[PDB]
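Following: one structure in structure tokens, then a few remarks.
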There are 2 protein chains.
Amino acid sequence: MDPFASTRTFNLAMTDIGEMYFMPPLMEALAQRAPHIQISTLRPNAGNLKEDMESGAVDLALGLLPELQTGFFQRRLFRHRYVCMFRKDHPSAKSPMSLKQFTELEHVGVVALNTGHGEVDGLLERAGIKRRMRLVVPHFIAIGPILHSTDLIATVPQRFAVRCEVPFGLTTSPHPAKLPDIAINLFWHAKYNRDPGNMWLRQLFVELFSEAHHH
Amino acid sequence: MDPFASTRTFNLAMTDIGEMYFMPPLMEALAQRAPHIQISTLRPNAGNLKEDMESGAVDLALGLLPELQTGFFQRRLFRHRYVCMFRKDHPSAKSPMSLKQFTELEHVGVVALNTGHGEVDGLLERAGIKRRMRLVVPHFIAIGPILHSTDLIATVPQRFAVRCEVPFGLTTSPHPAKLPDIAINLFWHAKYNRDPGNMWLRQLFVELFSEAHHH
Ligand SMILES: O=C(O)c1ccccc1O
Ligand SMILES: O=C(O)c1ccccc1O
Ligand SMILES: O=C(O)c1ccccc1O
Ligand SMILES: O=C(O)c1ccccc1O
């Protein structure tokens, strides 16, 4: 069936950041290419996501999702690093920040339970980096106005940080801790590898967001 | 014990919008008034929130939470209405929008499962207002960039809409449907009505956010 004929609803898993990044250009393109398709999103749910992708309840997932392993396929959209972010007139924070100073200032922690970002707190702690967690929030999206009004600092994905800098008057430093890359991928389950609708929507994601040729 | 002595961690339930609104001024004030208190937040969870407030696992909840009834107390911070929001150069949407036009244009739906905002879809539908839901997302925070890049419209809390207008080039119309007020309240469970730490943090919320005298 041609894309214009499709009235299928595709269910897509992604974080708050992912929704702000992926949804505006996707829906813009869908209105031109397949205007009767419906999209619904949901936040990643580590308890349910694999099962939901196996059963076909969730069609695609986008983000840092290291648990989607055997039985899944992935295509790389881009990769980026964690950075330290803080307000631009912070009284003492500097770029490049020292590990000592990272460890002295107070933090907004981000739990990010159902994604690879949930690994950060344990990676720091096992390296023996103790942080004074003044505030802990579950997700990244509200970090910006919090850092603006305080002397707190945060460990944040670089592409999201860059989007926060001007609107909230923040700046960033390369991260002094050794943290892994953030690989942002498009995921699907092997059972839907040759489903024509899933294939078509995957190719659209690649066309709109893949930096394999770009960069 | 004096507030400077307190090292207590208070756990606070609020939406993404609530976190962006309440957390920056709260943490700013805490750094001046009670600098050793820790705060952690979480999103409202209708299955668990009442039980969690009864047991003392969640100290306070902020937002539109009509299920917190017998056994709870509430203080009004402010109230506001739903509005229609869309991009400022939308090719046909106008303010004041007609019910007919609301019903003709396509929508980004917001599920808002664990809050009173989860009532909107059913309230419209029972009034016989059928909407073409092109995109459905679980929460409000990412609505802004989506509306910017599309001809979609959305039913949104007015104070959040106003914050979106300039950064995302959107505008609003009074809502043509009959929808209830959005009462934004501070909630606590009766078991903690006279806990001195809970009382102190409630009074801070009232001082920072209550519009009872203001307005
Ligand atoms: O972490 C994500 O889920 C993400 C999604 C889109 C763009 C950048 C990101 O870090
Ligand atoms: O099966 C679908 O709904 C579909 C959607 C878009 C493109 C090709 C397709 O087969
Ligand atoms: O809906 C909310 O939870 C809310 C919170 C803060 C300010 C405005 C709001 O609508
Ligand atoms: O019990 C507390 O931790 C507390 C915190 C702030 C103010 C008064 C208090 O008793």
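In what follows, chains are A, B, ... by sequence order, proteins preceding strands, each numbered from 1. Both ligands and their constituent atoms are indexed starting at 1 by order of listing. Recorded method is X-ray crystallography, 1.9 Å.
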Can you identify the drug or drug candidate present at ligand 3?
-> salicylic acid
Determine the main partner chain of salicylic acid (ligand 3) by heavy-atom contacts under 4.5 Å and name it as in the PDB entry.
-> lysr-type regulatory protein
Name every other chain with any non-hydrogen atom less than 4.0 Å from salicylic acid (ligand 3).
-> B
Salicylic acid (ligand 3): binding-site residues, heavy-atom cut-off 4.0 Å | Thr15(B), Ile17(B), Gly18(B), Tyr21(B), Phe22(B), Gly63(B), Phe78(B), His80(B), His117(B), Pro157(B), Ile184(B)
When only distance counts, is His80(B) in polar contact with salicylic acid (ligand 3), meaning an N/O pair under 3.5 Å?
-> yes
Can you tell me the protein heavy atom closest to atom 5 (C) of salicylic acid (ligand 3) and the distance?
-> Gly18(B) CA, 3.6 Å
Atom indices of salicylic acid (ligand 3) within 4.0 angstrom of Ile17(B) heavy atoms, with elements | 4 (C), 5 (C), 6 (C), 7 (C), 8 (C), 9 (C)
By number and element, which atoms of salicylic acid (ligand 3) are closer than 4.0 Å to a non-hydrogen atom of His117(B)?
-> 1 (O), 2 (C)
Relative to the heavy atoms of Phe22(B), which atoms of salicylic acid (ligand 3) are at a distance of less than 4.0 Å?
-> 5 (C), 6 (C)
Write down the residue and atom holding a covalent tether to salicylic acid (ligand 3), else none.
-> none
Tell me which protein heavy atom sits closest to atom 7 (C) of salicylic acid (ligand 3), plus the residue, atom name and distance to 0.1 Å.
-> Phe78(B) CZ, 3.6 Å
Check each atom of salicylic acid (ligand 3) against the heavy atoms of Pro157(B) and keep those under 4.0 Å away; list them by number with element.
-> 10 (O)
For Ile184(B), counting its heavy atoms only, list the atoms of salicylic acid (ligand 3) lying under 4.0 Å from any of them.
-> 1 (O), 2 (C), 4 (C), 9 (C), 10 (O)
Contact (N/O only, under 3.5 Å) between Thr15(B) and salicylic acid (ligand 3) | yes
Per-pair distances, salicylic acid (ligand 3) N/O vs protein N/O, less than 3.5 Å:
residue, atom, partner, partner atom, Å
salicylic acid (ligand 3), 1 (O), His117(B), NE2, 2.8
salicylic acid (ligand 3), 3 (O), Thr15(B), OG1, 3.0
salicylic acid (ligand 3), 10 (O), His80(B), NE2, 3.0

